[PDB]
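Drug bound: ensitrelvir. Macromolecule: 3C-like proteinase nsp5.
Quick note on labels: first sequence line is chain A, next is B, and so on, each numbered from 1. Counting convention: from 1, in listed order, for ligands and their atoms alike. The analysis underlying the following values was restricted to heavy atoms, covering all of them including side chains, and did not include hydrogens, waters or symmetry mates.
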Amino acid sequence: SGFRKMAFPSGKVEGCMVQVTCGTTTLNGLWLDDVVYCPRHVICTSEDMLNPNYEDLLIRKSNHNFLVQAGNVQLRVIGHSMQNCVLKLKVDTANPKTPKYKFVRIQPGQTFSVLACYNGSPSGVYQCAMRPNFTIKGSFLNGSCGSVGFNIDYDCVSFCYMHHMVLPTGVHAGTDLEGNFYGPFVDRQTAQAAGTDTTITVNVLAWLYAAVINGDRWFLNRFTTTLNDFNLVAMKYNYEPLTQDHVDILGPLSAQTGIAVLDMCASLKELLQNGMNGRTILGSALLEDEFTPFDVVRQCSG
Amino acid sequence: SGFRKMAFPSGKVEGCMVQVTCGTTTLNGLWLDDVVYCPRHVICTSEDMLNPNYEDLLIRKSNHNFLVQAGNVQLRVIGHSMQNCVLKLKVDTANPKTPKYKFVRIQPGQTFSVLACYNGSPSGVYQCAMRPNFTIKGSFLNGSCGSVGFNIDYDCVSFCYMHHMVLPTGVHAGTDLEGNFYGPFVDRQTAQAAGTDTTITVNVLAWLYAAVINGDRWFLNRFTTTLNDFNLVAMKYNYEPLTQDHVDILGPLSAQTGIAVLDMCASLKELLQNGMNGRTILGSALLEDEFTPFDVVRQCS
Ligand SMILES: Cn1cnc(Cn2c(=O)nc(Nc3cc4cn(C)nc4cc3Cl)n(Cc3cc(F)c(F)cc3F)c2=O)n1
Ligand SMILES: Cn1cnc(Cn2c(=O)nc(Nc3cc4cn(C)nc4cc3Cl)n(Cc3cc(F)c(F)cc3F)c2=O)n1
């Protein structure tokens, strides 16, 4: 009963957050075993941030230039290296709270939980989606650099995102935990635009199924459509194309509600062409695209 | 809008969640120090759930009838008592993960984080608001009974909600941690309708202040009002009247923006009487009512 943007419980990740400082530059790091992972931007002074040559900057650093604080306890740095845009500080102490974990690179349209942190201290948790243009529409303030995104399966934390920067439009850009940006961005303090964003079609369909499961059918209709004719209209409205794989992934929701995927597509086509006429769906005046089919299944199965 | 529902980090509460079972009836409990708190509904068999006699059901129970588990580890029950609709099970082990904590009873409009739990295992976290009709629009499945809602202020967890039941409209009802229901609900498996809901005026005002902070201020008018005049008008539009405490919690936002609370009330009154005429506020044609003044200060600062 009900449907809400829901994040994973953050406790396994809270025990991994630390603060990293180089000179006066400071941000958040992630302490797993005897390594702290953080954005390499921490090595920049305010002057360096505008145009950093990171290999040149890092070679001039010593271990003692890195102050790592876990709560109030300082962790001694005994080695350091850089993997793409992630700095890896080897410390002399293993984190006793290290969960089972994996580093993964997520696909556009997939969701994850973000633990927003400031000065190494967790502040809030929420769910986000990787946009098709590889930005995220997060909620982050100054000092959030190094906050991480993750999913939890059983007791295994799959880390997928490390926050780096806010773009001029107010959307956010970051890397995987191997230090590779999602999207065409670079870790430099210069104005950066993203590519044109598009709407995650398979997610909108999942959310319409969530609405039906929760008792609202006002937007359904008796029209049906082929996959190709739906995709023609979707693309006209800057929606991502729907693949047969997406149709299959929606199968369980179609089975549960008795609404064929292509019948839901005909509903979405009418919503795009007619608008919502001031009505709402699951309390929203806009078509929501940040719930995956699995997000819906886990909250509405039964 | 840039604003979104953000939950508190849940780790401090995850370490307190346990499972409580009586026979086959099972739900979640909250382990603080050497006491486990859970809905007393756990003492009902399937046939007792419709019309339970809790005093009779409890006198027939002994300590050894309660199965309390942290994961698969059993915590021995050494005492039991009932406080309103909450059972308190004294256990032989003090929880080493107990945070600094308080039990509080919140007002409608206040928000809190829910840690949804199943079989004593935390599953997800989300923010909710207490509606004026004393329900929450949560997301809960079977097995969620006993999940808790909370706020965290400076290492201290203030527990404010314990989930009991789903109502016919799919909204949710529960108690404070002293076992007193929010609203006119009782802990029995009967259909209980929620009353008509209203819009949380203090939170809409907070949302308008958030818009002003972000430079979206077209709706500010040249008028002011009295609190009494505004309250009488607001109720005609299914909005809650403001209390003196509401005026005071808007203090910081009023000082930050330089917009007097009563001036903002007059601006809101014009939106109610005239609509928004095709414009938006924070990119939305809907006035959001589930962000408190504290939530706005938290996401903006
Ligand atoms: C509003 N907002 C939303 N997300 C963010 C993230 N973010 C950040 O927290 N900090 C950044 N610059 C820093 C300044 C510092 C000043 N001191 C004393 N220490 C500092 C540390 C940092 Cl990281 N930035 C900007 C930014 C960060 C990068 F990692 C990058 F590659 C380019 C950038 F322009 C930032 O966006 N703020
Ligand atoms: C869909 N949904 C949304 N919220 C809820 C919460 N909820 C719940 O999890 N369980 C309930 N009844 C139980 C049945 C059991 C079967 N076994 C084997 N064990 C059980 C334990 C419980 Cl608690 N209920 C119903 C309910 C629970 C109460 F505490 C109450 F006072 C009245 C009620 F009608 C329930 O709503 N489900």
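The other chains with any non-hydrogen atom less than 4.0 Å from ensitrelvir (ligand 1) are A. The UniProt domain of chain A holding most contacts with ensitrelvir (ligand 1) is Peptidase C30. Contact annotation: for A:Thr190 versus ensitrelvir (ligand 1), there are no heavy atoms closer than 4.0 Å. Heavy atoms of A:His163 found under 4.0 angstrom from ensitrelvir (ligand 1) belong exclusively to the side chain. In this structure, atom 32 (C) of ensitrelvir (ligand 1) is in close contact with the protein, since a protein heavy atom lies within 4.0 Å of it.
The entry gives the source of chain A as Severe acute respiratory syndrome coronavirus 2. Within ensitrelvir (ligand 1), counting atoms from 1 as listed, the ones closer than 4.0 Å to a heavy atom of A:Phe140 are 1 (C), 2 (N), 3 (C), 4 (N).
No N or O atom of A:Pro39 sits closer than 3.5 Å to an N or O atom of ensitrelvir (ligand 1). In this structure, the binding site of ensitrelvir (ligand 1) at 4.0 Å (heavy atoms) is formed by A:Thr24, A:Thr25, A:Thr26, A:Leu27, A:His41, A:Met49, A:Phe140, A:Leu141, A:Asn142, A:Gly143, A:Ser144, A:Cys145, A:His163, A:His164, A:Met165, A:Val166, A:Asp187, A:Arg188, A:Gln189.
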